[PDB]
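PF-00835231 (bound form):3C-like proteinase nsp5 complex.
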Amino acid sequence: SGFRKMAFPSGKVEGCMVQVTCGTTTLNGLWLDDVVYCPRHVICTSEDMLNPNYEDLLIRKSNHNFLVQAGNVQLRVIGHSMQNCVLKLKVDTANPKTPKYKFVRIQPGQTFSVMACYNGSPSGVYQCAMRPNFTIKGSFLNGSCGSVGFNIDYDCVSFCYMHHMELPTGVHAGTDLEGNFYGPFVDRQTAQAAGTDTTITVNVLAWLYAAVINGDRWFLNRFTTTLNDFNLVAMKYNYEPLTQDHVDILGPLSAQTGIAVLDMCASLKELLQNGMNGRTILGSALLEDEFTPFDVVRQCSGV
Amino acid sequence: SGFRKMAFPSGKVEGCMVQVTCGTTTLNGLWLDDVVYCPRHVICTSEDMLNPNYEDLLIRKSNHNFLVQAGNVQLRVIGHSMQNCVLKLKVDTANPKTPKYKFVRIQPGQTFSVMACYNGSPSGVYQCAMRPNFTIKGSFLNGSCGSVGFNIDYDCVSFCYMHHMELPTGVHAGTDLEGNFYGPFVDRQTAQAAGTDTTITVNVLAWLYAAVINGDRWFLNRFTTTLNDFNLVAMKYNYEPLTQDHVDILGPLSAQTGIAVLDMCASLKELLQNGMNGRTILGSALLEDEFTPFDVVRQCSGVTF
Ligand SMILES: *[C@@](O)(CO)[C@H](C[C@H]1CCNC1=O)NC(=O)[C@H](CC(C)C)NC(=O)c1cc2c(OC)cccc2[nH]1
Ligand SMILES: *[C@@](O)(CO)[C@H](C[C@H]1CCNC1=O)NC(=O)[C@H](CC(C)C)NC(=O)c1cc2c(OC)cccc2[nH]1
């Protein structure tokens, strides 16, 4: 038993991180097959990053302008191209540690493992959720650009995120592996704001089911609610609406605990209107929304 | 910026996880060089685990009773010995993925990364802190025994934990890599209860230093205190007493901020005696105690490996 923010084992990705240097700008790259993926602002200088004409800056670059280091060996760039915000450096050597992989675009509310890296060296691993406003709440410092987020199914690594930016509020933004940003952000050196940060309701309910599966039921109550009446209150608190598909996804957790989804919604509605006083749920004083129903099923099934 | 419970990259440990099976009992083991370490109760059957005599049970076992598998590839066992609650099996193959490593026994309050494993396959990684009652708030299912906890310093993997037990309260217990349990627990199929837990003071202070580094310093006061005075007061609030090693590991954060350790102790004492007064620290009204000073430095100045 127990419930914990859990990331996938990172070994398959560690063998793909490399360092990419252009002029005086260094960040991380992802070496899969004979291609190295990294954020395209590596080609920028401190002055270019203010308003970079990336296609203009790119054509002016030569293959030898890119220093790609994989551990100790230095890889030979035999080609360069650009797919949106992701720079694609073709190398003369295919990464032998390339696992089975696929590029996917995560949906808001879904989770993934972040492998934070600096100078091409993996430094830490943690779990994140793609928030409804397409930001994530990570831990990234100078030099973390190029770090990727991923999920692992069987032996297939599904890459979904490459890090680019830290907003003035302290949350983070990035792209999928096709170079398309999550959210309305742009890779220029400017202070940018996200949309309003709504709460992932289906995850909050999953996390409440986890608390019950782990012996905590102080927030439960005898009231019930309709889907619509719950969503009225939820939206009033800047919570995403609960769809019937969300209800269906919570099915397994409902059966296991014996608490109907709409019954859990009545508890959550009371928590939102009353607060938690001084009490805690699974050790937290706030309502956690970065746990998916699948995260809870994985850890609490059969407990 | 940002603060998260962050585990070490697990690749160096993944290449060392294997499956050990005796009869029908299976669990995980740690393959380093030509030795596999695992919990000794793998020799037990379901009924044996009730009141086991491990010396008597082990005498009836031979090298050929042990199934050790890397994936689906068996590693022939050519030797076996018992050290405390850890079984050691010599195999005929030296793990080519063996990293630089050492075995360490950590202290309460220290943190490590747990490699959750099932049937020898790594499944998840997450950070834990050894509680002052020698339990960890883990996430472990059936078949998780033999999962190890580790830290990575440079290129050296320091193994400090091997999983054995889930207590009734849902927390977890286990040993170091020499088979010595953390806390007053024994590997028997019986409900055991840990001592009353307490808050990890040195980590709370580190958390406060983290706040000061980030401009949130409303809680600093003009008071100071002695180490003995603070310890006697902290014990009244369920806080662990500080050691000399605790003051020392707070050294870097103390120098970086300019706040002496005993001054921040006096500030924490204020927070315990009068509460938070409706305010928060780093966004939370709850004092966090699972971040060590190293974790705080690690996330304010990203170290690599
Ligand atoms: C990459 O490492 C750079 O290669 C970096 C991410 C780091 C920075 C510290 N925290 C992180 O997560 N990304 C950046 O520095 C990006 C670069 C653009 C894509 C060109 N910009 C920002 O993070 C950025 C610019 C800001 C600004 O305007 C100057 C105001 C406020 C915040 C802000 N952040
Ligand atoms: C190992 O996986 C078994 O090899 C397992 C730990 C797992 C199982 C679910 N959660 C975990 O952390 N360990 C056990 O099952 C141990 C085995 C002993 C070392 C022999 N037992 C317990 O953890 C145990 C026995 C208990 C009991 O007695 C019947 C009452 C209450 C709790 C309890 N836990």
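In what follows, every chain begins at residue 1, and chains take the letters A, B, ... in the order their sequences are listed. For ligands, and for the atoms within them, numbers begin at 1 and follow the listed sequence. The basis for the numbers below is simple: all heavy atoms, side chains too, and nothing from hydrogens, waters or symmetry mates. Header says: X-ray crystallography, 2.2 Å.
For PF-00835231 (bound form, ligand 1), the other chains with a heavy atom below 4.0 Å are labelled A. The set of residues with a heavy atom less than 4.0 Å from PF-00835231 (bound form, ligand 1) is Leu27(A), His41(A), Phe140(A), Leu141(A), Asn142(A), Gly143(A), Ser144(A), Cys145(A), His163(A), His164(A), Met165(A), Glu166(A), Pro168(A), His172(A), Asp187(A), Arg188(A), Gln189(A), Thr190(A), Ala191(A). In summary, the atoms of PF-00835231 (bound form, ligand 1) found under 4.0 Å from a heavy atom of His163(A), numbered by their order in the structure, are 6 (C), 11 (C), 12 (O).
Taking a cut-off of under 4.0 Å to the non-hydrogen atoms of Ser144(A), the atoms of PF-00835231 (bound form, ligand 1) that pass are 2 (O), 7 (C), 11 (C), 12 (O). In the vicinity of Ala191(A), heavy-atom distances shorter than 4.0 Å reach the PF-00835231 (bound form, ligand 1) atoms 27 (C), 28 (O), 30 (C), 31 (C). The PDB entry lists the organism for chain A as Severe acute respiratory syndrome coronavirus 2. The ligand atoms of PF-00835231 (bound form, ligand 1) that sit less than 4.0 angstrom from a heavy atom of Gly143(A) are 2 (O). Considering backbone and side-chain N/O atoms, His164(A) comes within less than 3.5 Å of an N/O atom of PF-00835231 (bound form, ligand 1). In terms of polar-atom proximity, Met165(A) is not counted as a contact of PF-00835231 (bound form, ligand 1), lacking any N or O under 3.5 Å from an N or O of the ligand.
The N/O atoms of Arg188(A), backbone and side chain alike, include none that comes under 3.5 Å of an N/O atom in PF-00835231 (bound form, ligand 1).
Heavy-atom proximity to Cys145(A), at under 4.0 Å, picks out these atoms of PF-00835231 (bound form, ligand 1): 1 (C), 2 (O), 3 (C), 4 (O), 5 (C), 6 (C), 13 (N). Per UniProt, the active-site residue of chain A found nearest to PF-00835231 (bound form, ligand 1) (heavy-atom distance, rounded to 1 Å) is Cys145(A), 2 Å. Looking at PF-00835231 (bound form, ligand 1), you won't find any N or O of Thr26(A) less than 3.5 Å from one of its N or O atoms. Numbered from 1 in the order shown, with element, the atoms of PF-00835231 (bound form, ligand 1) that lie under 4.0 Å from a heavy atom of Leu27(A) read 4 (O). The contact region for PF-00835231 (bound form, ligand 1) on chain A lies mostly in UniProt domain Peptidase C30. The authors modeled a covalent bond from PF-00835231 (bound form, ligand 1) to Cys145(A) SG.
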